[PDB]
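A deposited model with benzylpenicillin.
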Amino acid sequence: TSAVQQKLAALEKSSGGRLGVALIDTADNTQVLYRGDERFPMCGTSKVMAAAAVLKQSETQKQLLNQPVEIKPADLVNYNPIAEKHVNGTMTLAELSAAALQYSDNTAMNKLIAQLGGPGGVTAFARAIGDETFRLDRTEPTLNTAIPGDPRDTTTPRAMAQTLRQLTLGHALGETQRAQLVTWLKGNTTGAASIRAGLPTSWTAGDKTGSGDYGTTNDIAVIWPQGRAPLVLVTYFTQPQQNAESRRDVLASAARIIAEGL
Ligand SMILES: CC1(C)S[C@@H]2[C@H](NC(=O)Cc3ccccc3)C(=O)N2[C@H]1C(=O)O
Ligand SMILES: CC1(C)S[C@@H]2[C@H](NC(=O)Cc3ccccc3)C(=O)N2[C@H]1C(=O)O
Ligand SMILES: CC1(C)S[C@@H]2[C@H](NC(=O)Cc3ccccc3)C(=O)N2[C@H]1C(=O)O
Ligand SMILES: CC1(C)S[C@@H]2[C@H](NC(=O)Cc3ccccc3)C(=O)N2[C@H]1C(=O)O
């Protein structure tokens, strides 16, 4: 138990919920874990794996990202800020990837999942890049039920941090695809209250948030601290009551503890 792990435990104790953290510091490859091997519901953070899998497919199909996908009225689900504008029209796979990542559009995520052959296709890509933990079992919006003890649509902080590192800083994707993914993450619109609220302003980052039932509040990020090699940070948080409120502040607090511990 490290000093940082002790502060994370204190934060968790005061939060009432269950906190999972995984940091990889690429300056030396060291890691900091808190419940790093416990499973948590991914919710929207799973959108990174789906977009990355489509990017992988695009490496052998130069026109894939320009394929027009039909958006029908019935395709709309619970949260579709971008897709709703294109009902009875089409969106390209690039448009669907950007909407899923940067706006957390659920209809867009469902189109990425369908392009991959269903939730199992997203899981297959994860296995192909060495992630033996990740599992996607359902489409949107049910993949966000986040029921405690339910293994569906979960991963561990350790696994997600390693995967995010390989996707954004490593060679799991071709260079062009890696750059596209990083560009999309850096352009996220939903993350200012989460991990990034706990980092010094000078630091830059890309992230993908997630939210679900049980007050599930998640964020995964790739960070470029001022004058330091990048970090990869995963912060997952879930609560005992189905109707619990979101706690993005708890993710900010975890990130702050990690940053001050550097
Ligand atoms: C924008 C959101 C807050 S909502 C969207 C998706 N989750 C859901 O659609 C399900 C949900 C269930 C209960 C409470 C919030 C969201 C998901 O995850 N999303 C969040 C995000 O990207 O941070
Ligand atoms: C149903 C589809 C697979 S077809 C349309 C678009 N597909 C293409 O651009 C090439 C293609 C044509 C026929 C069958 C598969 C792929 C694309 O992607 N679309 C999918 C959709 O609308 O849901
Ligand atoms: C492409 C890779 C297989 S290589 C990189 C990392 N593996 C290593 O860094 C192995 C290594 C050990 C010591 C010195 C240099 C490289 C790791 O895992 N990475 C994968 C990735 O980037 O997606
Ligand atoms: C110091 C570096 C040359 S290495 C560090 C990071 N690169 C990686 O994390 C590559 C990698 C990906 C997956 C697994 C292992 C290594 C990255 O980018 N970093 C460079 C930097 O900050 O200048």
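Residue numbering for chain A follows the PDB entry, covering 26-57, 59-238, 240-252, 254-290 in order. No hydrogens, no waters, no symmetry mates; every other heavy atom, side chains included, goes into these values. When a ligand or atom number is given, it counts from 1 through the structure's own listing order. This deposition comes from X-ray crystallography, 1.5 Å.
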Name in the PDB entry of main chain bound to benzylpenicillin (ligand 3): CTX-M-9 extended-spectrum beta-lactamase
I'm curious which residues sit within 4.0 Å of benzylpenicillin (ligand 3), going by heavy atoms - can you tell me? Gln192, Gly196, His197, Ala198
Would you say atom 1 (C) of benzylpenicillin (ligand 3) touches the protein, meaning some protein heavy atom is under 4.0 Å from it? yes
So, for atom 7 (N) of benzylpenicillin (ligand 3), does the protein have a heavy atom nearer than 4.0 Å? no
To check your reading of the model: name the closest protein heavy atom to atom 20 (C) of benzylpenicillin (ligand 3), its residue, and the distance in Å. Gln192 CG, 4.1 Å
Any idea what organism the entry names for chain A? Escherichia coli
Kindly indicate whether atom 22 (O) of benzylpenicillin (ligand 3) is approached by any protein heavy atom to under 4.0 angstrom. yes
Quick check on contacts: which atoms of benzylpenicillin (ligand 3) are under 4.0 angstrom from a heavy atom of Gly196? 22 (O)
Mark whether atom 11 (C) of benzylpenicillin (ligand 3) lies under 4.0 angstrom from at least one protein heavy atom. no
Quiz question for you: does at least one protein heavy atom lie closer than 4.0 Å to atom 4 (S) of benzylpenicillin (ligand 3)? no
